[PDB]
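By the numbers in the PDB entry, the shown part of chain A spans 256-407, 421-533. Computed over heavy atoms, backbone and side chain alike; hydrogens, waters and symmetry mates excluded. All ligand and atom numbering here is 1-based and tracks the order in the structure.
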Amino acid sequence: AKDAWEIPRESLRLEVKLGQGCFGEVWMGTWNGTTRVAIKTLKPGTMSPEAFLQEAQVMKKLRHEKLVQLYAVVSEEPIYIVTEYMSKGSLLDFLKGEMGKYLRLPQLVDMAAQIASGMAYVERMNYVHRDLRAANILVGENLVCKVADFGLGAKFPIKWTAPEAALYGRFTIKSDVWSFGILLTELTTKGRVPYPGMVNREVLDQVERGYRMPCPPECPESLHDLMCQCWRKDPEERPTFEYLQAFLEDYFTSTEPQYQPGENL
Ligand SMILES: Cc1ccc(NC(=O)c2ccc(CN3CCN(C)CC3)cc2)cc1Nc1nccc(-c2cccnc2)n1
């Protein structure tokens, strides 16, 4: 009964409450009085410990510079899960906030490449995300982006979920690629909700019949084409994250070498 990830309760200090749920809370804090960190709590009773510590177990095996890193854990109720802190918050909040007005296509595509890199790691390790979207991406200094999962049948983010997954429960790394496509629209519209003006029911009927969001204003058609590849009716058709990462990293030389800054992108 000795785990290296275990830390003493006295070493943690919850300073600012960041959110709540029926299962627990999230806070910004300090570890060992030197490291700022994010802290997730388990509300006693609501959910079973082991069902909760499952996540921490997964995070113990995953390690990549573009994936939120598990720092420590307090495995005996009340349980605490500790990770690195990301100075700029969710990508979604960053995108629509004061910073959103200054971000241009070169920055937004670099952020996508990083997310793609994080997802390419998830892909190589054979895991599935199931809720990839801007609200689950964290932003740090110098625009570093990392994939996370705030755990935000039950609530279904239909607008971000591939049809085969939202209808028939088939969640795979390919349904995540579909989500990445949607994420690219959030990036190019500065965090706007996808399928504007459409409720879940119509989004389901529409995509079902082949509908796909059009090219966002000032967004090069070549990037919209990437989105469409991500939204291919057939999972296998969809590109891999390894492909997506390389395509985005090389984007301004191989695909859009004549790129010129506009008003918003
Ligand atoms: C405190 C904590 C506890 C757990 C996690 N967990 C994850 O981010 C995560 C990422 C990937 C997986 C992999 N998993 C594979 C299987 N499929 C089905 C689900 C995903 C699991 C958990 C993050 C955090 N960090 C966190 N949580 C909420 C908000 C913030 C935060 C807010 C503002 C600034 N900086 C950080 N930080």
Peer 1: Hey, what drug is sitting at ligand 1?
Peer 2: imatinib
Peer 1: From the contacts in this model, which chain binds imatinib (ligand 1) most extensively, according to UniProt?
Peer 2: Proto-oncogene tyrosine-protein kinase Src
Peer 1: With atom 36 (C) of imatinib (ligand 1) as the reference point, say which of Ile392, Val402, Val271, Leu393 has the nearest heavy atom.
Peer 2: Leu393
Peer 1: Hey, is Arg385 touching imatinib (ligand 1) through its side chain, its backbone, both or neither, going by heavy atoms under 4.0 Å?
Peer 2: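 Contact part for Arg385 vs imatinib (ligand 1): side chain (C-beta onward).
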Peer 1: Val281 heavy atoms, cut-off 4.0 Å: which imatinib (ligand 1) atoms fall inside?
Peer 2: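 Those atoms are 28 (C), 29 (C).
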Peer 1: Under 4.0 Å from a heavy atom of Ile294: which atoms of imatinib (ligand 1) are those, numbered in the order shown and with their elements?
Peer 2: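 Going through imatinib (ligand 1) atom by atom, the ones under 4.0 Å from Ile294 are 1 (C).
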Peer 1: Indicate yes or no: does an N/O atom of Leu322 lie under 3.5 Å from an N/O atom of imatinib (ligand 1)?
Peer 2: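 Among all N and O atoms of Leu322, none is under 3.5 Å from an N or O of imatinib (ligand 1).
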Peer 1: N/O of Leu317 under 3.5 Å from N/O of imatinib (ligand 1), yes or no?
Peer 2: no
Peer 1: What part of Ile336, side chain from CB on, backbone N/CA/C/O, both or neither, has a heavy atom under 4.0 Å from imatinib (ligand 1)?
Peer 2: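 It is both parts that get close, each with some atom under 4.0 Å.
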Peer 1: Name the closest protein heavy atom to atom 14 (N) of imatinib (ligand 1), giving the residue it belongs to and the distance to 0.1 Å.
Peer 2: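 Checking every protein heavy atom, the shortest distance to atom 14 (N) of imatinib (ligand 1) gives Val313 CG1, 4.2 Å.
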Peer 1: Give me the residue, atom name and distance of the protein heavy atom closest to atom 8 (O) of imatinib (ligand 1).
Peer 2: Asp404 N, 2.8 Å
Peer 1: Suppose I only count heavy atoms of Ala403 and a 4.0 Å limit; which atoms of imatinib (ligand 1) are within that range?
Peer 2: 8 (O), 10 (C)
Peer 1: Pick, from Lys295, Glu310, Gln312, the option with the minimum heavy-atom distance to atom 5 (C) of imatinib (ligand 1).
Peer 2: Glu310
Peer 1: Help me out - I need the UniProt domain of chain A that holds most residues contacting imatinib (ligand 1).
Peer 2: Protein kinase
Peer 1: Which of the numbered atoms in imatinib (ligand 1) are under 4.0 angstrom from any heavy atom belonging to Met341?
Peer 2: 34 (C), 35 (N), 36 (C)
Peer 1: Which imatinib (ligand 1) atoms, with their elements, are less than 4.0 angstrom from a heavy-atom of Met314?
Peer 2: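 Contacts of imatinib (ligand 1) toward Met314, numbered from 1: 4 (C), 5 (C), 6 (N), 7 (C), 22 (C).
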Peer 1: Under 4.0 Å from imatinib (ligand 1), counting heavy atoms only, is it the side chain of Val377, its backbone, both or neither?
Peer 2: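 None of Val377 does.
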Peer 1: Which atoms of imatinib (ligand 1) sit under 4.0 Å from any heavy atom of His384?
Peer 2: 17 (N), 18 (C), 19 (C)
Peer 1: Minimum distance, heavy atoms only, to atom 28 (C) of imatinib (ligand 1): which one of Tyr382, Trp282, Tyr340, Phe405 is it?
Peer 2: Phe405
